[PDB]
J.: 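Model contains ciclosporin. Questions to follow.
Just so it is clear: chains get the letters A, B, ... in the order the sequence lines come, proteins before strands, and each one is counted from 1. Unusual residues are spelled as their parent or as X, and atoms beyond the parent do not add to contacts. This deposition comes from X-ray crystallography, 2.1 Å. Atoms considered below: every heavy atom in the structure, side chains included; atoms not considered: hydrogens, waters and symmetry mates.
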Amino acid sequence: XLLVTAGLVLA
Amino acid sequence: XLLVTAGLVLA
Amino acid sequence: XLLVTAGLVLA
Amino acid sequence: XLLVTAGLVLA
Amino acid sequence: XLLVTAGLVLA
Amino acid sequence: XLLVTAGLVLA
Amino acid sequence: XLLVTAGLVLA
Amino acid sequence: XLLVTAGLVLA
Amino acid sequence: XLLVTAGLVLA
Amino acid sequence: XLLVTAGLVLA
Amino acid sequence: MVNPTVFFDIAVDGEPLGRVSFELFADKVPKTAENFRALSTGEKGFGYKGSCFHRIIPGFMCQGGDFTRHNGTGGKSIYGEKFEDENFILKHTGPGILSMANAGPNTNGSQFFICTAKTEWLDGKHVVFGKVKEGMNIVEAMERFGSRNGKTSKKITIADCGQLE
Amino acid sequence: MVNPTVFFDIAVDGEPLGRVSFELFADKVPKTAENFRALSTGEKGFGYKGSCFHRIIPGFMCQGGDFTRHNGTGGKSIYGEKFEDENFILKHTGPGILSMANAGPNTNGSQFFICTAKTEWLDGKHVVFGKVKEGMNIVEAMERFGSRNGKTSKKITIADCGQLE
Amino acid sequence: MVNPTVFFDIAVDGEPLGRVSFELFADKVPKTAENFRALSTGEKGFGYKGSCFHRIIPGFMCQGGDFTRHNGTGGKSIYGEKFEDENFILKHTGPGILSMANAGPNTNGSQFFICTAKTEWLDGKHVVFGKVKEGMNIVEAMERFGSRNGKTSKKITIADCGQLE
Amino acid sequence: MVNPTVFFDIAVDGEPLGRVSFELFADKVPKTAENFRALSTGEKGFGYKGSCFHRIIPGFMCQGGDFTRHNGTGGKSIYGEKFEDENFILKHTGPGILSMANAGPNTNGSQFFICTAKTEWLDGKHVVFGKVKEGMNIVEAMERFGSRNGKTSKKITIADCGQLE
Amino acid sequence: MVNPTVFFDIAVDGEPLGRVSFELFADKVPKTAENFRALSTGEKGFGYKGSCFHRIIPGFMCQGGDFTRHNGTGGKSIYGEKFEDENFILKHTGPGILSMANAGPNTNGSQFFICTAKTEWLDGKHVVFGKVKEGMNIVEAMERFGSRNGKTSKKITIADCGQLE
Amino acid sequence: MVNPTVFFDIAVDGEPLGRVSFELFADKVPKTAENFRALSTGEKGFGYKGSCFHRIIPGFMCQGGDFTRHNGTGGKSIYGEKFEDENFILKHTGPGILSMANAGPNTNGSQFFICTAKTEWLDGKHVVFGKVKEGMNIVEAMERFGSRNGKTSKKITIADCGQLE
Amino acid sequence: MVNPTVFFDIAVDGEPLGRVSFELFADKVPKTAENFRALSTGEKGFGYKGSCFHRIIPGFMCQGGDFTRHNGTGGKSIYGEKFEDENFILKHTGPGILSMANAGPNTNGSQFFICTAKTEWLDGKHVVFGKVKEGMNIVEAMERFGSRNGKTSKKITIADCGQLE
Amino acid sequence: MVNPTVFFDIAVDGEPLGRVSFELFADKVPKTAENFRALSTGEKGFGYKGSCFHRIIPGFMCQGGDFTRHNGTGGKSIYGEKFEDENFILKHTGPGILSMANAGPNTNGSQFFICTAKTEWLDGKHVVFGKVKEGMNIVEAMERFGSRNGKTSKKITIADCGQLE
Amino acid sequence: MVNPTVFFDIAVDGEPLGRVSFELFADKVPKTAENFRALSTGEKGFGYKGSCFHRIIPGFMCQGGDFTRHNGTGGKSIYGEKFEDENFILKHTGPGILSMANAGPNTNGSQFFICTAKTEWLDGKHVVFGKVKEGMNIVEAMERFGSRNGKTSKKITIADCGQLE
Amino acid sequence: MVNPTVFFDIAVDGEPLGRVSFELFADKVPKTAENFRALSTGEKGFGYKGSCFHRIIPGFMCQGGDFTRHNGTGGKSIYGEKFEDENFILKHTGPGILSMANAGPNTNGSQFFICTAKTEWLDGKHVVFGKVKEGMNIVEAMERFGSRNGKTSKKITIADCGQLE
């Protein structure tokens with residue numbers, strides 16, 4: 001999808 | 001520390 | 001009081 | 001069912 | 001009733 | 001997986 | 001009833 | 001303080 | 001009282 | 001940071 | 001989506017008093033509105049025809065809908081013994097509001113009340129689902145036969161009822 | 001303090017059936033136990049003498065205590081309309097258990113039931129406050145006049161009642 | 001709903017000070033309003049006639065309603081020991097607001113206070129149910145007998161009370 | 001109360017397989033057990049006679065009870081379209097456990113499953129209400145016609161059913 | 001971020017009915033919008049091309065998206081079995097709204113519905129993610145093949161679909 | 001960390017009755033125990049010497065500690081006007097238990113009660129902090145001067161108090 | 001109620017700097033305002049006279065009120081060691097806002113800060129109770145003796161203080 | 001169900017080291033066990049064969065399962081991106097426990113770890129689903145190639161894997 | 001207070017691209033803004049200089065700040081491994097907004113992102129703390145080296161950075 | 001892993017008193033234990049060597065760890081300014097327990113206390129992480145320099161410290 005994470009980037 | 005994570009590994 | 005209940009009608 | 005109520009007795 | 005579910009459709 | 005549902009059966 | 005309050009003693 | 005209680009009046 | 005705090009030591 | 005505490009002053 | 005309108009022909013001790021019609025807010029509470037509509041037509045085998053208003057408190061409301069025990073302890077929905085409080089979108093804003101009587105949360109059956117005043121202390125505890133379209137004068141006439149404790153002087157009965165739209 | 005014991009002299013249609021005495025657990029639920037005890041002596045000017053068991057379901061329980069409406073919609077406590085569920089320490093462990101009837105949380109008045117079976121599905125919903133000390137056979141006799149819907153066939157009355165200890 | 005108007009004829013030691021009338025917001029809090037109304041007419045066998053205001057703090061409020069203990073530890077409602085906080089729809093908006101005194105949540109009895117100022121720190125904790133209709137000058141006169149600790153200098157008494165409309 | 005026993009005469013592709021009897025734990029879950037009992041006798045009209053087990057997974061369970069759609073999307077209870085989860089006193093302790101299938105909390109209708117293994121991952125989400133009394137070998141025989149995906153190989157039908165005690 | 005537009009070419013029993021285009025609110029619900037977009041292009045090797053609207057209730061909505069079971073019990077998302085309810089920023093404000101069908105919280109897959117009315121009773125339980133841009137008249141045409149129970153009279157199929165913008 | 005022992009020399013009007021000694025459980029509730037200990041020695045300048053037991057209910061408890069108003073409406077702690085409920089480790093297991101009186105959560109001041117019976121209905125609402133070490137017979141003597149409503153007949157006073165251990 | 005005004009005569013190393021007057025919002029937070037008022041008059045035997053502002057951070061705030069340890073770890077209220085957060089009606093809207101310093105929820109004693117900027121990140125965590133009425137220039141003069149870590153370069157003391165209105 | 005056994009044939013850099021076999025607790029956590037089982041057989045067209053253990057900390061655990069990014073940032077489950085925490089029945093009781101790695105709640109993908117010690121601080125946050133059946137000394141051999149920061153010294157590889165019983 | 005302004009001189013594969021300056025909203029989020037400020041000055045011995053933007057998704061955002069692992073899995077704050085979400089006062093209202101990246105609640109370190117669109121689905125989950133003041137064209141230039149999956153085609157580096165205001 | 005042992009060599013002003021060794025429960029609280037271990041070796045550049053015990057209360061505990069302010073207001077962890085409460089598995093079971101001091105939830109830095117009594121009132125609020133292995137008699141000797149207020153009568157210092165196991 002459109003997230004802004006640090007480590008497990010998801011959809 | 002002693003954790004088991006996927007992506008942001010912490011102390 | 002002024003309630004509209006079905007069975008135990010209170011004040 | 002088997003309840004013991006005061007007013008709306010249910011199944 | 002008027003719901004939009006996937007599998008158990010209720011009233 | 002192993003669930004017992006009614007309508008949307010999942011894994 | 002049997003309470004030990006400070007001020008509004010109830011039953 | 002400025003309260004209106006019944007029994008233990010506080011500041 | 002007997003607490004072990006860091007900064008505001010209370011009773 | 002910018003806090004106003006009494007005892008453990010943090011960043 | 002076109003809200004249904006149902007009517008009740010009220011009769012006091014036999015004498016025809018008049019017809020009250022109600023619009024049912026199916027666009028806000030469709031399951032609650034459908035229960036009242038189907039009990040009003042009687043299309044599931046049971047419903048309001050011939051039932052009475054068992055409790056009328058002047059300047060507050062008229063309560064009816066108990067077609068099984070006729071005294072406040074019965075009634076039932078088309079969905080079962082009881083159903084869920086659908087939502088609380090609508091408020092008890094003034095006279096002629098139609099709302100569900102209940103015995104606490106999620107105990108809706110068939111009993112309802114027509115408010116003859118704004119009853120906002122009831123907001124959020126009773127589901128509002130309809131409003132008097134014509135016949136408020138009939139409801140004022142009904143009011144007159146109740147007392148401070150709800151008992152009525154005459155049998156107020158729904159002589160006939162059905163859907164119009 | 002000491003746990004009080006009250007008695008009920010039961011009458012079927014006027015004919016004496018027998019006495020049932022109960023121990024009330026004031027050491028666990030003192031406010032619930034004082035209510036039942038004061039309603040049995042009638043010392044606050046109202047109480048159980050003369051009332052009936054309005055709902056008896058064989059192999060489940062005998063319900064009574066509605067001294068105002070005699071049908072299940074009334075009764076009242078020595079504390080007012082209703083009072084709080086005191087606590088749920090005691091469980092429905094078998095025949096003889098005395099427990100409060102209610103219409104949801106915190107609506108205790110005067111209605112009670114005497115269990116003729118273990119009713120563990122009611123644990124945590126009804127406050128248990130006593131047990132039959134002597135007279136279980138009389139309760140088993142009352143059972144005979146009930147039906148699966150609760151309706152009796154004889155008027156089961158508390159002809160007299162009061163405190164023993 | 002039509003809102004009750006009750007009155008208090010206040011007497012300071014001997015001489016009649018004057019009459020204060022109150023509108024009771026039965027349209028918002030009917031159970032709390034009926035309790036004050038019924039306790040002012042005395043129709044249930046007990047009420048406010050003869051009681052005094054036992055704590056008056058100038059610029060804050062006059063508190064009264066303890067007809068059993070007269071000091072602040074009593075009073076009782078027409079519903080029993082205590083009754084639930086009905087709702088908190090109304091706010092302590094200014095002088096002449098009539099609100100319930102309590103000892104924490106759901107401990108309403110008969111004690112009330114007449115605010116001689118906006119007390120918004122009490123919103124959400126005390127049920128507001130009335131407003132002085134005519135007679136504020138008499139409440140202002142009462143003010144002048146208190147102290148920072150509430151002590152009065154004269155027995156400020158409700159010599160008579162009843163319902164106007 | 002005494003716990004009822006019901007039986008199912010299972011048939012595979014028309015030919016009679018055998019009978020399974022069940023004890024229903026009315027002492028734990030009276031409303032859920034009564035629902036299953038009345039649906040086994042067919043006393044309210046509708047019921048399980050003629051329905052099929054639509055999903056059987058070897059080593060896990062046999063699911064049946066959908067007498068309206070016959071595929072997992074239907075069924076109804078004697079209390080209405082759905083009813084509440086009564087309690088979770090009992091656990092899926094092993095083979096022969098009879099438990100309610102559902103589509104989330106409080107969506108119990110008529111569908112059930114007979115456990116052929118201990119299924120503790122379902123504890124707290126599905127109401128256990130009975131156990132196979134005689135006929136476990138017939139449930140084992142039924143397992144043979146399932147699949148890892150649930151598909152049956154022959155039509156497994158409840159040819160007849162009713163109560164015994 | 002720029003919102004994608006996808007189209008569906010509808011066929012009624014094979015005969016081409018017309019094209020509907022949708023704006024997807026990727027600016028509000030990007031994961032829900034992307035799921036529908038990729039299922040319309042068919043880029044993951046599965047999607048909506050060729051499937052049918054299985055339930056149409058005139059005055060309410062058309063439901064489709066079950067490309068695996070074609071009856072409401074299947075479908076799958078590009079992220080797996082099911083995915084989370086992204087957020088409930090948007091409301092079912094009127095005809096043309098595209099929203100997710102589900103079987104309770106966090107069970108989104110591929111099934112969706114196109115509202116032909118304002119459906120505010122569904123707010124907060126179904127994620128709104130798009131709106132008809134062109135072709136609302138084709139959707140109004142599709143409605144006429146529905147019924148009070150949702151069953152269609154002709155196979156309404158998404159003959160082709162893809163992205164435009 | 002030796003638990004303290006405090007004593008009270010009790011007097012009936014003027015007559016010396018005897019000494020009760022208490023072990024204070026400072027190992028479980030140090031703050032509650034320190035409050036009572038310091039009020040017994042009178043070291044912070046105020047405390048229990050000369051105050052009276054204002055409410056004795058035979059077979060229940062003796063309540064004292066209000067050294068400011070002497071009627072149950074006052075008292076104060078060494079930490080301020082009120083202090084938090086420290087914890088509920090200890091239970092009211094039987095006679096001689098010493099526990100805090102309060103007016104709802106986190107309102108501890110100086111009032112306490114010595115139980116003459118097991119009072120488990122109070123567990124979790126009143127903090128237990130001590131036990132009668134010697135002199136239970138003096139508490140059993142004090143009982144004789146109370147009544148069911150709690151009013152004494154003689155003035156039971158703490159003639160002297162201090163620390164021993 | 002009339003909102004009190006208190007003044008502080010500020011000295012830098014003994015030399016007079018000027019007076020700052022404060023209006024205390026007793027109309028919003030009466031318990032918090034009476035604590036600060038009583039500590040500025042010193043009527044209860046202790047107060048702010050002679051204490052210093054231990055932490056000044058330019059463009060943020062000046063912190064003071066620790067009259068027992070003079071370093072941020074002491075102070076006490078007139079109600080005891082600590083008292084609850086009265087409410088959070090008021091916000092830190094700009095320079096001259098007077099608010100309570102604390103060590104987490106409900107640990108108010110006597111320390112306060114005077115904001116020299118809008119500090120909205122502190123809303124909901126610190127009780128606002130007053131505002132500089134006159135003397136803002138004096139507070140800005142005080143700022144000049146602080147630093148990014150809070151150290152003052154000269155001893156800033158409350159030479160005298162008391163109530164004006 | 002019957003608990004499956006899977007095996008891994010471990011190679012260090014290129015050389016065969018040995019085989020570890022695992023009992024998967026499908027009787028407790030069937031959805032988590034099935035995901036590991038299918039990723040070991042590789043039946044869904046992707047899985048563990050060829051992946052390496054990317055973080056081994058001696059005396060703590062060996063972490064592997066990231067078959068996409070091979071460094072801790074990837075992996076996918078057979079159910080989609082991630083899936084829910086099934087339940088926390090099992091505990092990290094000692095060496096040989098197989099548990100799921102995650103990035104906070106409900107982010108289970110394919111990464112797992114084999115504990116070489118009891119790790120109870122991880123209880124309630126990581127789903128335990130299996131245990132080493134044969135081959136504990138192979139994991140002990142693997143340990144020796146780790147470091148306190150988890151970097152291995154040789155490339156430890158799952159050369160082959162599949163189901164056994 | 002005065003909100004600081006910091007700059008980043010960006011370089012693509014060594015070849016210099018330009019300068020972006022950011023106003024940091026210290027009046028709303030002082031701890032978050034100070035962390036970013038100090039990591040841009042380098043005053044703690046570590047910071048952003050020389051690190052690269054590892055994920056750029058055109059039309060969404062440029063994510064940078066991982067100075068310890070350079071790939072999204074690292075970074076640290078000036079307060080430790082991670083710090084709390086300060087508050088969510090600000091919203092991601094459009095292009096140029098600067099916000100904290102994280103791996104769930106309260107895991108802020110040094111990674112951040114510059115939005116090239118309004119990203120309101122991220123509101124309440126990521127702390128906004130700054131905005132591009134001058135240099136938007138450099139961010140639009142940077143966009144061009146990213147892709148739908150975030151991979152950059154050229155090494156986008158923060159060549160220099162520091163404070164201005 | 002294996003539970004590390006650390007030692008402290010205590011000095012009273014100048015004179016060496018003795019060594020205390022501690023087992024650190026890394027099998028229960030690995031993050032809290034590693035923090036104390038690393039501060040005892042001083043391997044990150046700061047730690048306990050040379051700090052003093054700033055508060056000793058005979059019969060309760062000895063508190064140390066503030067190496068930055070040396071008075072109770074400082075200290076810091078190897079993870080930053082503060083870190084989370086790891087878990088509350090272990091209890092304050094008796095003398096020689098080592099637990100973390102804090103200023104409310106999740107404020108662990110470097111301050112700790114060595115219990116010289118069973119302090120169970122602190123359970124659930126302070127993280128226990130160690131136990132005195134040899135040297136309890138030295139902690140006993142340290143006790144002698146304290147007082148009811150915690151003030152030490154001598155400068156009790158950690159002359160040396162490091163790891164043994």
J.: Where do all copies of ciclosporin show up in the model?
T.: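 Every copy is at chains A, B, C, D, E, F, G, H, I and J.
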J.: In this entry, what is the main binding partner of ciclosporin (chain H), named as in UniProt?
T.: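 The chain with most contacts is Peptidyl-prolyl cis-trans isomerase A, N-terminally processed.
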J.: Counting only non-hydrogen atoms strictly under 4.5 Å, which other chains reach ciclosporin (chain H)?
T.: G, M, P, Q
J.: I'd like to know the UniProt domain of chain M that holds most residues touching ciclosporin (chain H), can you help?
T.: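 UniProt domain: PPIase cyclophilin-type.
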J.: Per the PDB, what name belongs to chain G?
T.: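 The deposit names it cyclosporin A.
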J.: Which other-chain residues or nucleotides lie under 4.5 Å from ciclosporin (chain H), by heavy-atom distance only?
T.: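 The site of ciclosporin (chain H), heavy atoms only, is G:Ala6, G:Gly7, G:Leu8, M:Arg55, M:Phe60, M:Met61, M:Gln63, M:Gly72, M:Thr73, M:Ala101, M:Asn102, M:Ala103, M:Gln111, M:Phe113, M:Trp121, M:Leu122, M:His126, M:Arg148, P:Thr73, P:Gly74, P:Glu81, P:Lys82, P:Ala103, P:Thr107, Q:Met1, Q:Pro30, Q:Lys31, Q:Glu34, Q:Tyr79.
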J.: Mind giving me the residues of ciclosporin (chain H) near chain M? Anything with a heavy atom under 4.5 Å.
T.: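 The residues of ciclosporin (chain H) with a heavy atom that close to chain M are H:Unk1, H:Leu2, H:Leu3, H:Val4, H:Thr5, H:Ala6, H:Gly7, H:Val9.
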J.: What name does the deposit give to chain H?
T.: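 It appears in the entry as cyclosporin A.
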